[PDB]
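Note: structure shows benzolamide engaged with Alpha-carbonic anhydrase.
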Amino acid sequence: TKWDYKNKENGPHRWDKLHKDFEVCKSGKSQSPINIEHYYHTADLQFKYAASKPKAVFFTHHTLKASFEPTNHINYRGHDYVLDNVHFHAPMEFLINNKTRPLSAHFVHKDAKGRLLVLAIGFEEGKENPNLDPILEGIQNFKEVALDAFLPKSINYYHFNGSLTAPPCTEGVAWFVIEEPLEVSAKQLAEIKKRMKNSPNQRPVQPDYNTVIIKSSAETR
Amino acid sequence: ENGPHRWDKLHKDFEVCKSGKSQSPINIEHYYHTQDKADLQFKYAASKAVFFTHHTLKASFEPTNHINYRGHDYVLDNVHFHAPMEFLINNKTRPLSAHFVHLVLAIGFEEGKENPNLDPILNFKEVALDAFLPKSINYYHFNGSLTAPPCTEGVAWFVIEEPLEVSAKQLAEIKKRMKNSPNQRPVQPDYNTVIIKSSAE
Ligand SMILES: NS(=O)(=O)c1nnc(NS(=O)(=O)c2ccccc2)s1
Ligand SMILES: NS(=O)(=O)c1nnc(NS(=O)(=O)c2ccccc2)s1
Ligand SMILES: [Cl-]
Ligand SMILES: [Cl-]
Ligand SMILES: [Zn+2]
Ligand SMILES: [Zn+2]
């Protein structure tokens, strides 16, 4: 009944076989992740993050995750989408014109009506990322998460309609995928891939039906 | 006992009318503007089957006319009508719309000067399909669904903002071929549809 990553029937091809809830994992017409390659060039995104000690930092459902009480928000089209948690994927699930990065993080948001907004940004092999240390460094009175420092000040982003990359693979997801990589050290990566128990948590690319993707740019602060 | 809030209970086949997260029609009210950039091309031709079905008038033909979008070939199948127009562009009322089923192309009709392109509808007539669409068009494009059951998702919708013109008698006359009953699906919940704005010849 427990779902997972690799080849065996408890696999990617067969999420839908695992539960009737995960049917859309097969039946859905806007499933993510995908390889983002045809888009239109052309913003109404606004940021309310604050430095916060997590509510919980825990590995759950195959992934490392940090949760927060809802003090942090994202504003889209005059609507506020509140941050509930932040989790990690390795390697990066969404591909930008065939572009994997060893790590990505996903900011999960919901609005008043319960509509979903999710932010993805990839990581590069590079200098050490300090914003990572409160998550790994510390397990227990929790340590600050640099939410205001986490994201680039300036970003190019892709916006499109897709789906959840983990069950129930729910559609109607507002996806924002930042083109700008953040940078992480190599042992932070090894340690964190080992803390995600070193089994790749990258959902294979989903079918593409000429999704409308836009590319844009914003200030996050 | 055969209604819209209820399409999903009529069949298990039709649940996506309710479970769907990208259902049409909806209100086109937030959009993105963009340049002369696209791929959309029209190979319509004057073409000479007509029948009333499922609340709707529809004319279908042989696979002779097709459209180019992003390098994919889409063959036109039929044209059918909705009154009043289902999709809304900035709350834009419209007495009549038409759906070019291929990717579906919608364009509304307004009361005014008679549309000569409508009369062959009101051995079949030549239809001036080549005369039917504006040579210059502005449209809204996004991914949506069929507006009638089974409400299939994955539909490349293109909504041209430019109105065509209908007489009142023409306006009245085919509602009767639709049995004077409105075949307009209410606006569905929207989950931040990405809409792009552009224009084509
Ligand atoms: N990979 S993905 O699409 O961002 C996610 N898949 N499942 C998730 N579960 S979750 O982040 O804990 C969550 C939390 C609140 C509402 C909905 C989902 S996020
Ligand atoms: N109103 S809408 O979105 O254009 C449609 N909804 N259902 C349709 N079915 S149909 O017109 O009979 C048809 C005809 C040929 C191929 C596919 C579908 S069209
Ligand atoms: Cl990602
Ligand atoms: Cl319409
Ligand atoms: Zn995720
Ligand atoms: Zn229609």
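Read the sequence lines top to bottom; their chains are A, B, and onward. Chain A uses the PDB entry numbers throughout; the residues present, in order, are 21-62, 66-163, 167-247. Chain B is numbered as in the PDB entry; shown residues: 29-76, 79-132, 140-159, 167-245, in order. In each ligand, atom 1 is the first atom listed, and ligand 1 is the first ligand listed. Only this structure's heavy atoms are used, side chains among them; waters, hydrogens and symmetry mates stay out.
In this structure, every copy of benzolamide sits at ligands 1 and 2.
Other chains within heavy-atom reach of benzolamide (ligand 1), distance under 4.0 Å: A. Residue contacts with benzolamide (ligand 1): A/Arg229 is excluded, as none of its non-hydrogen atoms falls under 4.0 Å. Shortest contact from atom 1 (N) of benzolamide (ligand 1) to any protein heavy atom: A/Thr191 OG1, 2.6 Å. For the pair A/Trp201 and benzolamide (ligand 1), a heavy-atom separation below 4.0 Å is found. Distances shorter than 4.0 angstrom occur between a heavy atom of A/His110 and an atom of benzolamide (ligand 1).
The binding site of benzolamide (ligand 1) (heavy atoms under 4.0 Å) is made of A/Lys88, A/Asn108, A/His110, A/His112, A/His129, A/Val131, A/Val141, A/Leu190, A/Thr191, A/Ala192, A/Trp201.
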